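A look at one PDB structure holding CH5424802.
In what follows, residues are counted from 1 in the order of the sequence shown. Note that ligands are numbered from 1 as they come in the structure, with each ligand's atoms numbered from 1 the same way. Because only heavy atoms are used, hydrogens play no part in the values below, and waters and symmetry mates are left out as well, while side chains stay in.
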Amino acid sequence: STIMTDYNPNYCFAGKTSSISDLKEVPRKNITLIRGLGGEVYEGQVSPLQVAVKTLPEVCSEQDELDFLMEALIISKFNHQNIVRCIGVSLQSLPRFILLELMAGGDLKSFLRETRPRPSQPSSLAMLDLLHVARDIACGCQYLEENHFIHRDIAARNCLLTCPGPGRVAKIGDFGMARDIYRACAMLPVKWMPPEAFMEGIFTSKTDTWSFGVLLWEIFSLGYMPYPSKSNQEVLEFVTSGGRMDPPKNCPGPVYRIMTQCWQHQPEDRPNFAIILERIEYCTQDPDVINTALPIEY
Ligand SMILES: CCc1cc2c(cc1N1CCC(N3CCOCC3)CC1)C(C)(C)c1[nH]c3cc(C#N)ccc3c1C2=O
């Protein structure tokens with residue numbers, strides 16, 4: 001790409017600088033698309049390795065090209081089991097591809113909605129399944145925090161699962177907001193943002209702690225939209241004024257208490273991710289938490 005070549009942006013993560021020349025270019029003849037899944041995401045294979053393929057439309061702006069490169073650089077430099085892997089890229093053929101770990105369980109929000117206990121599947125999910133998802137994402141967030149990377153958009157829609165069934169691992173699977181900020185409103189994820197985002201606009205890992213609290217609410221509600229029946233501005237005014245969400249239906253007290261600590265008004269009063277993990281791990285050990293039945297959706 002001449003835009004990518006002429007600009008040739010550097011990307012810094014964890015004290016190391018990378019650029020387009022550092023990306024692992026997979027020959028296009030080795031890549032086959034199998035089906036569309038979800039911009040466009042396809043299932044593909046690399047000669048074989050099963051992958052997810054993100055594509056860049058051939059009709060795109062110069063900014064879109066640079067965005068796509070920065071997304072590749074960002075994902076390629078992460079090294080953690082709870083962040084989706086990047087197999088490589090194919091940027092020297094059109095349309096351009098980024099090749100990612102296939103996450104056959106799909107996105108977490110959709111999974112929660114589709115796998116809710118119902119009279120026909122009364123035991124589809126248990127509390128422990130939800131705590132394992134929470135732990136998995138908290139582990140990824142702790143890696144980001146330890147590497148001074150602020151995600152800015154932790155939400156169930158941005159988490160992915162390795163498979164639908166038992167043994168699934170949840171991973172962070174989108175970095176678009178971080179990418180936009182690295183390169184730099186009705187599209188802001190207001191419902192995931194702490195009060196101070198709207199005051200001084202200052203982001204820290206404590207902003208990700210707040211968002212993680214909202215993710216935990218999403219998990220234990222089985223995929224409900226946060227602040228049901230409030231608009232973005234209503235939520236902004238609500239949370240600023242000290243308003244917080246009620247516990248999800250049947251949510252154990254100890255889990256709800258993790259949410260409420262994540263939502264402390266003062267950032268310094270919120271737990272870091274090592275503390276969040278410890279609390280999630282204690283909940284997972286407590287028989288009265290894990291023996292709590294999830295509500296049936298009639
Ligand atoms: C093979 C399965 C799959 C896999 C993936 C995805 C969706 C799927 N499916 C969508 C279709 C469903 N079906 C199941 C049958 O009923 C209809 C819905 C079953 C999940 C989505 C589109 C969510 C996805 N986004 C990604 C982003 C990044 C990054 N960075 C990396 C990987 C991904 C993936 C995936 O690997």
*What does UniProt call the chain with the greatest number of heavy-atom pairs under 4.5 Å to CH5424802 (ligand 1)?*
ALK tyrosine kinase receptor
_Flag: protein heavy atom within less than 4.0 Å of atom 32 (C) of CH5424802 (ligand 1)_ = yes
*asked:* Tell me whether CH5424802 (ligand 1) is touched by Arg35 - counting only heavy atoms on the residue side and a distance under 4.0 Å.
replied: yes
*asked:* So if I count the atoms of CH5424802 (ligand 1) from 1 in the order they appear, which ones are less than 4.0 Å from some heavy atom of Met103?
replied: 3 (C), 4 (C), 5 (C), 35 (C), 36 (O)
*Applying a strict 4.0 Å limit to heavy atoms, is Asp174 in contact with CH5424802 (ligand 1)?*
no
*Looking only at protein heavy atoms, which one is nearest to atom 26 (C) of CH5424802 (ligand 1), and how far off is it?*
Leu160 CD1, 3.6 Å
*Mark whether atom 12 (C) of CH5424802 (ligand 1) lies under 4.0 angstrom from at least one protein heavy atom.*
no
*Using a strict 4.0 Å cut-off to heavy atoms of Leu102, name the atoms of CH5424802 (ligand 1) that fall inside it.*
1 (C), 36 (O)
*Where CH5424802 (ligand 1) meets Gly173 - atom numbers and elements under 4.0 angstrom, heavy-atom basis*: 27 (C), 28 (C), 29 (C), 30 (N)
_Can you help me figure out which UniProt domain of chain A most of the residues touching CH5424802 (ligand 1) belong to?_
Protein kinase
_Distance flag for atom 36 (O) of CH5424802 (ligand 1), protein heavy atom under 4.0 Å_ = yes
*Using heavy atoms only, pick out the UniProt active-site residue of chain A nearest to CH5424802 (ligand 1) and give the distance to 1 Å.*
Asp153, 12 Å
*Among all protein heavy atoms, pick out the one at the shortest distance from atom 18 (C) of CH5424802 (ligand 1); state its residue, atom name and that distance to 0.1 Å.*
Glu114 OE2, 5.0 Å
_Would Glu101 count as a contact residue for CH5424802 (ligand 1), given that I'm defining contact as a non-hydrogen atom of the residue lying under 4.0 Å from a ligand atom?_
yes
*Identify the protein heavy atom lying closest to atom 19 (C) of CH5424802 (ligand 1), giving its residue, its atom name and the separation to 0.1 Å.*
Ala104 O, 4.4 Å
*Does CH5424802 (ligand 1) have any atom sitting under 4.0 Å from a heavy atom of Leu37?*
yes
_Non-hydrogen contacts within 4.0 Å of CH5424802 (ligand 1)_ = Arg35, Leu37, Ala52, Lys54, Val84, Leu100, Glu101, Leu102, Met103, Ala104, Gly106, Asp107, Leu160, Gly173
